[PDB]
There are 2 protein chains.
Amino acid sequence: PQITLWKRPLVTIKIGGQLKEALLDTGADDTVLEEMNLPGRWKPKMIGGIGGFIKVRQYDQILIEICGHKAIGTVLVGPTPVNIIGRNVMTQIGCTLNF
Amino acid sequence: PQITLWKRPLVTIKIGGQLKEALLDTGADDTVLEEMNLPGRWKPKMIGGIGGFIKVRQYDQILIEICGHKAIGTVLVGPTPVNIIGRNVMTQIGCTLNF
Ligand SMILES: CC(C)CN(C[C@@H](O)[C@H](Cc1ccccc1)NC(=O)O[C@H]1CO[C@H]2OCC[C@H]21)S(=O)(=O)c1ccc(N)cc1
């Protein structure tokens, strides 16, 4: 779909059999989700924002479904205030910016 | 133009007579710029993100020029690691997400 930006660009994702709302974030390099129940192994990692860093668990090769599209890639799980879909996923569903 | 997301959606902006590189950030409600010399009055404000919060100076009715397109609105200045063009400006230049 085409999405204007007068509101936050929220989309419904399905990941690990769970339904969540996440922000389409062109300013995010990778995908970060609030604390969630994901299966498998993971390697620690820290990511920085506008206020500093957070420590997260990096899961590899995780299936995400967004508004009918499917993507596999790295998902970071940690104390983010909001679920964010980063560029690593949006490239796989063909998301573009247009002005 | 149309912008894929395989790399950071960086653009060049003209503000306060200065040229700067900024990241088009659909995940940012407000525009936040690194420390820079801006004229006018302002009000203190704090904004939050990944890792915590930061103190910024809130400038209102500030002119921004991106790819010729002109916008006017609130510009926050403070210790952000990256210049961010938020939804408050992208809406004025007709920016949309498309997938
Ligand atoms: C977390 C969002 C709800 C809000 N953020 C916008 C977001 O795009 C930031 C904007 C951003 C971009 C670069 C550096 C700091 C902040 N990017 C970010 O945190 O991404 C991190 C996760 O993947 C990595 O990608 C880059 C940093 C990592 S934010 O920077 O904190 C922000 C919050 C409020 C306003 N008014 C303006 C900006």
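Just so it is clear: chains get the letters A, B, ... in the order the sequence lines come, proteins before strands, and each one is counted from 1. All heavy atoms count here, side chains included; hydrogens, waters and symmetry mates do not. One-based numbering, in listed order, for ligands and for the atoms of each.
At ligand 1, the drug present is darunavir. In this PDB structure, the PDB entry names the chief binding partner of darunavir as NL4-3 protease. The other chains with any non-hydrogen atom less than 4.0 Å from darunavir are A, B.
Taking every heavy atom under 4.0 Å from darunavir, one finds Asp25(A), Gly27(A), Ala28(A), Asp29(A), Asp30(A), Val32(A), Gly48(A), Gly49(A), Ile50(A), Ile84(A), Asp25(B), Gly27(B), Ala28(B), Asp30(B), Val32(B), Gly48(B), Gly49(B), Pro81(B), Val82(B), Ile84(B). Counting only heavy atoms of the protein, atom 24 (C) of darunavir lies nearest to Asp29(A) N, 3.5 Å. Each of the following atoms of darunavir lies closer than 4.0 Å to a heavy atom of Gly27(B): 2 (C), 3 (C), 4 (C), 5 (N), 6 (C). Close contacts of darunavir with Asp25(B), meaning ligand atoms under 4.0 Å from a residue heavy atom, involve 6 (C), 7 (C), 8 (O), 9 (C), 10 (C).
The source organism of chain A, per the PDB record, is Human immunodeficiency virus 1. Below 4.0 Å from some heavy atom of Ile84(B) lie the following atoms of darunavir, by number and element: 10 (C), 11 (C), 30 (O). Taking every non-hydrogen atom of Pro81(B) and a distance limit under 4.0 Å, the qualifying atoms of darunavir come out as 14 (C), 15 (C).
From the protein, the heavy atom lying nearest to atom 36 (N) of darunavir is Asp30(B) OD2, 2.8 Å.
Residue, atom and distance of the protein heavy atom nearest to atom 20 (O) of darunavir are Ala28(A) CA, 3.8 Å. Annotation: atom 13 (C) of darunavir to nearest protein heavy atom, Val82(B) CG2, 3.6 Å.
For atom 16 (C) of darunavir, the closest non-hydrogen atom on the protein side is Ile50(A) N, 3.7 Å. Remark: minimum distance from atom 22 (C) of darunavir to any protein heavy atom is reached at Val32(A) CG2, 3.8 Å.
Ranking protein heavy atoms by distance to atom 27 (C) of darunavir, first place goes to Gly48(A) O, 3.3 Å. Using a 4.0 Å cut-off to heavy atoms of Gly49(A), the atoms of darunavir that qualify are 15 (C), 16 (C).
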